[PDB]
Amino acid sequence: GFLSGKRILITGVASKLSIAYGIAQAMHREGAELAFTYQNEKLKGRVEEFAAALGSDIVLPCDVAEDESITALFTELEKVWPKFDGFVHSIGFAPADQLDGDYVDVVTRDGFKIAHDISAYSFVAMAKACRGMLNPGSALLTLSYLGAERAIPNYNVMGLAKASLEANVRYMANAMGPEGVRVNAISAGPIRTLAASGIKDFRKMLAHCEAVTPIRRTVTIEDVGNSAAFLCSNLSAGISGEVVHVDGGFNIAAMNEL
Amino acid sequence: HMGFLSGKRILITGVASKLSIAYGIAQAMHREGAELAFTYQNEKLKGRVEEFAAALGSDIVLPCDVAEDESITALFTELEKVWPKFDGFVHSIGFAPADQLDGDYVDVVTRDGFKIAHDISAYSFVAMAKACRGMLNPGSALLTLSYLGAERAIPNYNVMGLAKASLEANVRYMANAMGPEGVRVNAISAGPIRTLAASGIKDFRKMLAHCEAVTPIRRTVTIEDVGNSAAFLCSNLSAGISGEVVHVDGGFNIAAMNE
Amino acid sequence: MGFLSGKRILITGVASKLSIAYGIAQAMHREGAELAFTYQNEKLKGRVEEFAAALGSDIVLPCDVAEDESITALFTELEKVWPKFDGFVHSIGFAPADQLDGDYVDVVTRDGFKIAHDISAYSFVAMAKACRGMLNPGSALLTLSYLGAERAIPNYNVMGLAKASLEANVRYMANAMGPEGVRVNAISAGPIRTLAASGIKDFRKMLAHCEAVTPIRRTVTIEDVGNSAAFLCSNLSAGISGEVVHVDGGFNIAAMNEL
Amino acid sequence: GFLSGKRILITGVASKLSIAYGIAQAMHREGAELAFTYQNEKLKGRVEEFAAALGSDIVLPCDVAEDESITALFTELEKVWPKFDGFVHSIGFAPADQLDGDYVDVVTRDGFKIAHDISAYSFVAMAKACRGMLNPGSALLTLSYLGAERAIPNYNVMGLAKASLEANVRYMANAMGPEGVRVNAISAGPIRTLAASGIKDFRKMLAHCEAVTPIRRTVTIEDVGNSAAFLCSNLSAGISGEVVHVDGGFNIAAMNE
Ligand SMILES: NC(=O)c1ccc[n+]([C@@H]2O[C@H](COP(=O)([O-])OP(=O)(O)OC[C@H]3O[C@@H](n4cnc5c(N)ncnc54)[C@H](O)[C@@H]3O)[C@@H](O)[C@H]2O)c1
Ligand SMILES: NC(=O)c1ccc[n+]([C@@H]2O[C@H](COP(=O)([O-])OP(=O)(O)OC[C@H]3O[C@@H](n4cnc5c(N)ncnc54)[C@H](O)[C@@H]3O)[C@@H](O)[C@H]2O)c1
Ligand SMILES: NC(=O)c1ccc[n+]([C@@H]2O[C@H](COP(=O)([O-])OP(=O)(O)OC[C@H]3O[C@@H](n4cnc5c(N)ncnc54)[C@H](O)[C@@H]3O)[C@@H](O)[C@H]2O)c1
Ligand SMILES: NC(=O)c1ccc[n+]([C@@H]2O[C@H](COP(=O)([O-])OP(=O)(O)OC[C@H]3O[C@@H](n4cnc5c(N)ncnc54)[C@H](O)[C@@H]3O)[C@@H](O)[C@H]2O)c1
Ligand SMILES: Oc1cc(Cl)ccc1Oc1ccc(Cl)cc1Cl
Ligand SMILES: Oc1cc(Cl)ccc1Oc1ccc(Cl)cc1Cl
Ligand SMILES: Oc1cc(Cl)ccc1Oc1ccc(Cl)cc1Cl
Ligand SMILES: Oc1cc(Cl)ccc1Oc1ccc(Cl)cc1Cl
């Protein structure tokens, strides 16, 4: 596999639906050794099961809201992985009220702070915490959405948070590049996940994208998985600070329904 | 005066000194016939801002600390007393703790540092829009000030780059939300200009010199260049333009591989 | 006096009262410009003479941008009445009709691609080459582009490629001509019913779509584009070069609005 | 390998430094059957040799200035490859005079025509001539440069031709997507190739990019090759109409003192 010899930490595996689940399956297929985080105790058991089906018993708590939890993650991981080769940030949150209605009516200071803190800051927070553990040739990866570039109904403040996160990719790639670390994002098209369900009229976005995307289907966690595996491998040694659209080309289409 | 903003009432935030981008905008809007009102952050800036306002024929000078929801509500409660309706506002406000703007981004970025940059530099634009939405006339325009740091990794600009990316996305979401009721929302991506707050960016004087050398117009932009651009974007001349980040940087942003 | 007082601006692409260039001409004359006009061929000469006369000009000269000799003769004739001037509006676009109906790969041809690029993109720099010595300090060039440059729009086809080339032309001309005091910008205009627009398949559906989903909830007008164009060729926009300004009511920044 | 069972045609192999060389190596290594084109008789020997090193004896002429040359390529290719899974367009040309001096002084109608014709039109010309030979799941790839997005000294009219090429990618991705074909570009950082010599002060561009690129090195035909292999493989199934920057992140950097 093109990840033979790599040790990648994967965040954000909530279920078999999760983008991060797809990424893990592809990275295991390509020979990566994997470790896994879980947000809270409620999620531990399922992530342990998913971890074990991929030959891993490295499963550790991380609530990215808490600096101590991020430090503890890497404190505990260092004991099995003194050094490793990067991680997948597949984590977003905003209060539910932020994702239904007029952006300006519905956005709040606290909704804004949480969305950016959890979806944007958490990525560089994780990087600070493991910086000295990363081998030369390491790769970090986050997940963004066209909401960052365009005004999308109901996505609302998550658009601002993804725009922040995509700038984070750039500032992180620029800072960590010299010492041999690449940083990228996948801008993924719509996929049915627990989190997707939190966006008002998600199913309308999903249907619309299926119709007008050049490849004429919604992308799968397999498609994202393979792209993510590639971006965290030495195959992508020439790419850093990049937001790669894995949306079937939806972002480049205009006026297809009239 | 009389000009392309005759009939417009515009609120101006972020005047600190005569170097301030908001001063150049205030100058340019007065010259084009706008009635102006001003905000000041704290008591330290009140007196300075009052004399600037009086020189431009305004005695509407009101406190606003955009970290505080109470302060923004009270701004527009007081503003309503003299201006029941008005035609929008200029958001010329940035802030991060000093420690954010000096060193390797990953090393010096902090959670509070990130929180404060995004809160003051990005959230505060839509906060002001939420609290004055009902007072905006049809044909109103909101304007904010961004920087190329939103688009490119700039040494030492660090977490302000992310807060500016968030700001530019806010322009788009607000434009989209407010367009149907007749409100336009735009940004100017200004080139570097020696302002009080600019002195806080490590190596600013090298940015300035770099930008002077490679910018197509072969000069630094002025608060006059930005003021004329802001005056246009808040005027009915710009009626076909919403959700845009207009680069007023002499075209620095389109240059690569110079020298 | 208007913000174009003391400027001498040459206007191409006036075909009718619906032409973008005619809206530009009106706004620029309103703001105090003195104007000169080109006409493509003998059939348009009379109408352009009439529209120019209505804006206080009888400087009305043939220019077919297909021909190097025609562009040279234009500036050799112009110089006799305008030894110096302050820039020109390039409002010129053409591809063979067969290029703008069907699947882009089926319908695009080598000659169709050549003509689109030659007339719509190359002509902007050919004109700049031909008058470079006649431009005052503070001169400004303007071309017209379309969202088709950035996105794949059905049936705009190879005109999308020609517009992308044109916007790249804006950047390379801004960068080359900036040091000698010349600014170069584009307006990326929303759809407008003009003679040329009727050559685009389902243009009526395009208008209705942009009408529904554009933040400002209307079509832009030649007044909107004219006002922006006046601004971009005036000293008010002295800070802006190498820029494609979207004058499309925010259409470009909206996604999934139809639902 | 992840191109196992794919048939890819490769253009623009000139020498061992050729981006198209790096791409052939990477695609061979991952188990693609390759075919190669050569511009003219002068290059035919070098390519027949490079092809044989990779196990291909499919080496056909194509001058993309000629519609007939493109038809004939696909007429000959069909005899051995009735179907195939796409091609790599690694082809650029402008008259030498275009790439030395101030853009406005140096550009000419004929300079502009050829740059656009060879560097941009030829990509969709090849897609037109082979559309019915492409299997479901096929990928086309072209090579672009940041000259499309930024004004770069001396790159001049090639910048416009690459901007047209990048738009081409999007219009081809939109048209061909529904019949199961993806179309993408790599925007490669500077690399010393035969063609690169043609740019005035190319050396300075290399050293500039090397100094300020986040990965702090020049990219290689093997970095571009790995990215090209990926983008023409089923691994990239969710990517179309995309210009992927393989320049070490140079494009996102500004103000490196
Ligand atoms: N349509 C889509 O599914 C889509 C599109 C593009 C982008 N994305 C992004 O992909 C990523 C993965 O989301 P998904 O769609 O797979 O959803 P999901 O619900 O399957 O996964 C989201 C994950 O975020 C984690 N998370 C939330 N708050 C956390 C915290 N405080 N600490 C740690 N983990 C926390 C959850 O535990 C969960 O594992 C997100 O960043 C999302 O914004 C999703
Ligand atoms: N100067 C430049 O080179 C440049 C370039 C691009 C954009 N900008 C942006 O222009 C805007 C104005 O900055 P400037 O350069 O004029 O400097 P400045 O110091 O004159 O203006 C900054 C202003 O921010 C205000 N401010 C800070 N925190 C505030 C708060 N909590 N509540 C209310 N007001 C607050 C200050 O009172 C001050 O008036 C900012 O958004 C800045 O980021 C500056
Ligand atoms: N929706 C729109 O109408 C729209 C939107 C975006 C951009 N544009 C651009 O605006 C510009 C003006 O078009 P318009 O909509 O006003 O259409 P129009 O028909 O009013 O203008 C087209 C003009 O092009 C001129 N022209 C064509 N070939 C020429 C040649 N060889 N030499 C000289 N002049 C030549 C014609 O004489 C005519 O005056 C074009 O570049 C067009 O692509 C139009
Ligand atoms: N070298 C770089 O730094 C760099 C960076 C970005 C993109 N590119 C692009 O990569 C591609 C390959 O160039 P390279 O750097 O490998 O140089 P190269 O000289 O190795 O390859 C250029 C190729 O173009 C072919 N070609 C030229 N005119 C042709 C025609 N009429 N018909 C057929 N083939 C023709 C030549 O035969 C040659 O193989 C070009 O499109 C170039 O613009 C190069
Ligand atoms: O960002 C997303 C985009 C899409 Cl189309 C679908 C799911 C997404 O993921 C989220 C959406 C909202 C919240 Cl609150 C959290 C997350 Cl992770
Ligand atoms: O955003 C800016 C960009 C530049 Cl080039 C110069 C000044 C800027 O403005 C600020 C920079 C830092 C802080 Cl703390 C606050 C502000 Cl207002
Ligand atoms: O570019 C345009 C875009 C739009 Cl939406 C409408 C009209 C346009 O202008 C043209 C369209 C086709 C041809 Cl052949 C020539 C021109 Cl000037
Ligand atoms: O596009 C390129 C970009 C770079 Cl940085 C280097 C070489 C390139 O390729 C060319 C440059 C000039 C000519 Cl005439 C032909 C080609 Cl193929």
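Chain naming here is simple, since letters A, B, ... match the order of the sequence lines and numbering starts at 1 in each. In each ligand, atom 1 is the first atom listed, and ligand 1 is the first ligand listed. The header says X-ray crystallography, 2.1 Å.
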*Asks:* State which of ibuprofen, psilocin, amprolium, phencyclidine, triclosan occupies ligand 5.
*Replies:*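 Of those, triclosan.
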*Asks:* What is the name, according to the PDB entry, of the chain making the most contacts with triclosan (ligand 5)?
*Replies:* Enoyl-[acyl-carrier-protein] reductase [NADH]
*Asks:* Other chains with a heavy atom closer than 4.0 Å to triclosan (ligand 5): which ones?
*Replies:* A
*Asks:* Nearest to atom 13 (C) of triclosan (ligand 5), what protein heavy atom do you find, and at what distance?
*Replies:* A/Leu99 CD1, 4.0 Å
*Asks:* What do we get for A/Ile199 next to triclosan (ligand 5) when only non-hydrogen atoms under 4.0 Å count, side chain, backbone, both or neither?
*Replies:*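 The part of A/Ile199 near triclosan (ligand 5) is the side chain, not the backbone.
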*Asks:* Under a 4.0 Å heavy-atom limit, does A/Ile191 contact triclosan (ligand 5) with its side chain, its backbone, both, or neither?
*Replies:* neither
*Asks:* Does triclosan (ligand 5) have any atom sitting under 4.0 Å from a heavy atom of A/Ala94?
*Replies:* yes
*Asks:* Starting from atom 11 (C) of triclosan (ligand 5), which protein heavy atom do you reach first, and at what distance in Å?
*Replies:*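 So the nearest neighbour among protein heavy atoms is A/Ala195 O, 3.8 Å.
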*Asks:* For triclosan (ligand 5), which atoms sit closer than 4.0 Å to a heavy atom of A/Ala196?
*Replies:*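 Every atom of triclosan (ligand 5) under 4.0 Å from some heavy atom of A/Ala196: 6 (C), 7 (C).
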*Asks:* A/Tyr155 heavy atoms, cut-off 4.0 Å: which triclosan (ligand 5) atoms fall inside?
*Replies:* 1 (O), 2 (C), 3 (C)
*Asks:* With heavy atoms of A/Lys162 as the reference, note each atom of triclosan (ligand 5) found under 4.0 Å away.
*Replies:* 1 (O)
*Asks:* Quick one: does A/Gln98 get a heavy atom under 4.0 Å from triclosan (ligand 5)?
*Replies:* no
*Asks:* Show the binding site of triclosan (ligand 5) at 4.0 Å, heavy-atom contacts only.
*Replies:* A/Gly92, A/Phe93, A/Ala94, A/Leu99, A/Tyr145, A/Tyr155, A/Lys162, A/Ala195, A/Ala196, A/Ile199, A/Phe202
*Asks:* Present, as a list of atom pairs with distances to 0.1 Å, all nitrogen or oxygen contacts under 3.5 Å between triclosan (ligand 5) and the protein.
*Replies:*
from                 : atom 1 : to       : atom 2 : distance (Å)
triclosan (ligand 5) : 1 (O)  : A/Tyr155 : OH     : 2.4

